[PDB]
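Alpha-galactosidase A bound by 1-deoxygalactonojirimycin.
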Amino acid sequence: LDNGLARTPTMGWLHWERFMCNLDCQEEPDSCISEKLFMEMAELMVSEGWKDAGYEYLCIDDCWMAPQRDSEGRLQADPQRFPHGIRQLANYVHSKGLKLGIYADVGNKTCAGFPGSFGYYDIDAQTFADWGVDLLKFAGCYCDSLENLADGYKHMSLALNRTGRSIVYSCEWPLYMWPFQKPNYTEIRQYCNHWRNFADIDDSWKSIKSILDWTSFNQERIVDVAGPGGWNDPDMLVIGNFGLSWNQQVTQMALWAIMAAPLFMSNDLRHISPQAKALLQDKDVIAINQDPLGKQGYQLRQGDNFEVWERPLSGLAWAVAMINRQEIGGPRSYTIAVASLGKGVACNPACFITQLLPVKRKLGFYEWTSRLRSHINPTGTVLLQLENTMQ
Amino acid sequence: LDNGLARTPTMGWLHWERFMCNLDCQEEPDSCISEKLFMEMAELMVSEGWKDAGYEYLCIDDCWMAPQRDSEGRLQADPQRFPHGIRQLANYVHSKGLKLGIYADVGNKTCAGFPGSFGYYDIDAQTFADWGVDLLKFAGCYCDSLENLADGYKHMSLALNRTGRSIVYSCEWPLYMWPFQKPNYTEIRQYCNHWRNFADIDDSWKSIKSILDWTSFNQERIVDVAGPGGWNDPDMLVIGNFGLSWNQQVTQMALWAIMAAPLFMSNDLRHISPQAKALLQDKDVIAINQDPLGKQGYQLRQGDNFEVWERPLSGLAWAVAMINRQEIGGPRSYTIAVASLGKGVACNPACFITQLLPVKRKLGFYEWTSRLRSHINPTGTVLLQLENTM
Ligand SMILES: *[C@@H]1O[C@H](CO)[C@@H](O[C@@H]2O[C@H](CO)[C@@H](O[C@@H]3O[C@H](CO)[C@@H](O)[C@H](O[C@H]4O[C@H](CO)[C@@H](O)[C@H](O)[C@@H]4O)[C@@H]3O)[C@H](O)[C@H]2NC(C)=O)[C@H](O)[C@H]1NC(C)=O
Ligand SMILES: *[C@@H]1O[C@H](CO)[C@@H](O[C@@H]2O[C@H](CO)[C@@H](O[C@@H]3O[C@H](CO)[C@@H](O)[C@H](O)[C@@H]3O)[C@H](O)[C@H]2NC(C)=O)[C@H](O)[C@H]1NC(C)=O
Ligand SMILES: *[C@@H]1O[C@H](CO)[C@@H](O)[C@H](O)[C@H]1NC(C)=O
Ligand SMILES: *[C@@H]1O[C@H](CO)[C@@H](O)[C@H](O)[C@H]1NC(C)=O
Ligand SMILES: *[C@@H]1O[C@H](CO)[C@@H](O)[C@H](O)[C@H]1NC(C)=O
Ligand SMILES: *[C@@H]1O[C@H](CO)[C@@H](O)[C@H](O)[C@H]1NC(C)=O
Ligand SMILES: OC[C@H]1NC[C@H](O)[C@@H](O)[C@H]1O
Ligand SMILES: OC[C@H]1NC[C@H](O)[C@@H](O)[C@H]1O
């Protein structure tokens, strides 16, 4: 989408995976979807280093709306859980230097059952602009027609543009098109800043595997269309929660960087381990994800329960990620000729290789003819950066 | 098995899940199956608190043998990887106050392809006794009929007995007859100290779920046969490795206690996090697993992606474990009338409830009318001990 936004993958926090559609502010006050939750999460984004690391957008997912529209047909925030409304929450977020994301649906209803935007696209776009929203996640539930789906996504895109307000437009168009026909990605990119391709993530290693496997399987369709202003979205980062081991968390961070994915944390910043914080705030790995060249990475190799992925970066650098998919035993040895990496360019005549994950270590100079030997933990990933040099 | 052993579930360390059948001592000398590896684990079992916690048996799994038997038909350990021989390794292990487990197969080969014990049962038993072995894991690969499977497991049982040495006998009998015929657990118990029921574990949450699910599904026929001298074996603890989250590790520890399972760690004691060490050495949770009554726990409830399991303990005490099987979102609230716990006698007229996992906390006195409210992390378990006030 040619709107001057998302020139690098958008970074921020989105409530869905960790907080879902909890409406019980009586029995579950700390996890219910409320202005207080977003206020507190905003504060922590500032005070705990997230904004400095790059996490800029504080985004509300589904279940923020009142059951009805108002007397003017405009969307409202629920009056019990968001008494001060979206406009004032938007002021609170901007005063902290952050930006605000909100959520809406192409259909008659949102996935959770609240008012959809079908037939109100221009009204909703303007309300979002008037409120000072900075990002829109636009879902695809309760749309049974292919024509409607495409029409709605296109219409809303233009409707946002017409408000004159800079709003990152996050689409679920391709995901909700899979049931009808293969998506046209040139068209989707024309209208969207990023796009969900695959099923909702959850707090499990199974879910990570499935996203990587789908992405690698479909990579000839989706990799080359990614670039500044239009990214593939493999869904939220779930590092910091309950279901991934340390190594699985490392795999997610590594591969989301390799994949030029948007980085939307879905976790609780009030209760997050120092280990997870440091991984999520890892300057070098974020720098890979945010590389200005903006070329999405891909799977180079697959075999013997190993995968090798790589991503080209600016200034002749490459990130290389090696996964061990064997879920039994101990650290497994993997070796590759550095001339097979980075299309034969990375280490010609030589490169300097720095290991970034699971720990940071300078590995040294590698000649074009030489071999990189690495040990990889089960369900873990080793992430390296290759700097082309003459020394 | 009426041999005076495994009066509580056997506790120790077994190499398989973490080290498998690595024969490459040339390229990976510190992780290949060798005399050195078990020496290191033995030392660490003493110096790092494992023995004191209860982990007593240092057990060798498959891939310790030489390819051939010797010219007398006795099994041998691999000459390069185990240069001093098993007996010498047993001497070492005993000098540290520990006990030694070895591995063998009822069929024509071990699962990894080394000499099986079929037709050598009495010879092998005696060799193991002469070596000073203290435990035998006896697998079921390369056995072509149910009759010879049963015959072999029975024969070896008696053969071990007749050596006059005390040897914990770990069977895989039920696992290998399950696909063809329902097992008679009364018979298995008669011959075995514990028995593997289900597929090999690995370093994943998927594998943990599968074991729990199979165990709960089959509980009507395996729970009541367990007791001092005969335990159900849901396989090794994999806490300390790579594939389980903290909460999934907690779930394994909690449920293995509830299940009166043998506690065989399979990990690397040279590289293990303080978090995992403390969970594996948790005095209160081990005390549940080791409860002298020896009555296996069971699933009480299942619904709304929650499970409740419970185990009766000595002196009118109970353990209760609550699992959250929903793998999305955050800590979920679960509530239950304490009168539904412990068959209605745990908290009559009252009980004192101490949460043990994921952290230890006194919860206080609960009346027979009361309700236990708890929040449980996704893929996590909360473990409580109920003390009847009387
Ligand atoms: C509504 O839709 C229209 C049409 O798509 C859209 O207008 C487009 O906006 C982009 C970016 O704002 C314009 O592209 C710019 O062109 C100018 C002049 O050539 C460049 O200077 C811009 O900067 C580039 O280079 C800079 C170097 O320092 C970089 O910092 C910067 O990131 C850019 O790479 C940029 O290329 C584009 O020209 C228009 N298109 C048209 C047809 O006018 C509009 O913004 C949409 N949204 C809204 C809210 O109106
Ligand atoms: C080989 O098999 C025989 C027969 O099963 C075993 O004998 C049994 O050994 C146990 C444990 O020592 C005896 O139990 C004990 O009995 C005494 C007194 O009755 C009691 O004080 C203890 O608390 C315990 O119950 C058991 O009675 C005995 N059974 C018989 C029938 O003799 C023997 O242990 C086995 N030998 C080896 C080397 O495995
Ligand atoms: C919403 O419902 C109306 C009334 O039945 C219908 O006309 C319209 O097609 C529905 N919207 C979508 C996206 O199908
Ligand atoms: C995809 O859409 C674009 C823009 O609408 C169009 O020009 C192009 O031909 C389409 N591609 C295919 C393969 O249909
Ligand atoms: C072992 O092999 C022999 C010879 O092939 C065969 O007769 C016997 O049935 C086998 N025994 C078992 C237990 O599989
Ligand atoms: C199981 O085996 C025991 C002991 O061998 C025997 O007494 C019992 O009757 C058997 N039960 C069945 C159902 O075959
Ligand atoms: O119900 C909300 C839900 N809708 C569908 C999306 O794919 C999810 O990420 C989430 O936004
Ligand atoms: O080959 C060894 C392997 N055999 C099968 C057993 O069930 C496993 O636990 C392990 O001991």
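Letters go in sequence order (proteins before strands), and every chain restarts at 1. The basis for the numbers below is simple: all heavy atoms, side chains too, and nothing from hydrogens, waters or symmetry mates. Every number for a ligand or one of its atoms is a count from 1 in the order of the listing.
Taking every copy into account, the model assigns 1-deoxygalactonojirimycin to ligands 7 and 8. Taking 4.0 Å as the heavy-atom limit, the other chains contacting 1-deoxygalactonojirimycin (ligand 7) are A. By chain and number, the binding site of 1-deoxygalactonojirimycin (ligand 7) (heavy atoms under 4.0 Å) reads A:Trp16, A:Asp61, A:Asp62, A:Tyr103, A:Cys111, A:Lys137, A:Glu172, A:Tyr176, A:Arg196, A:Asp200. A heavy atom under 4.0 Å from 1-deoxygalactonojirimycin (ligand 7) is present in the following residues that UniProt lists as binding substrate in chain A: A:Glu172, A:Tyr176.
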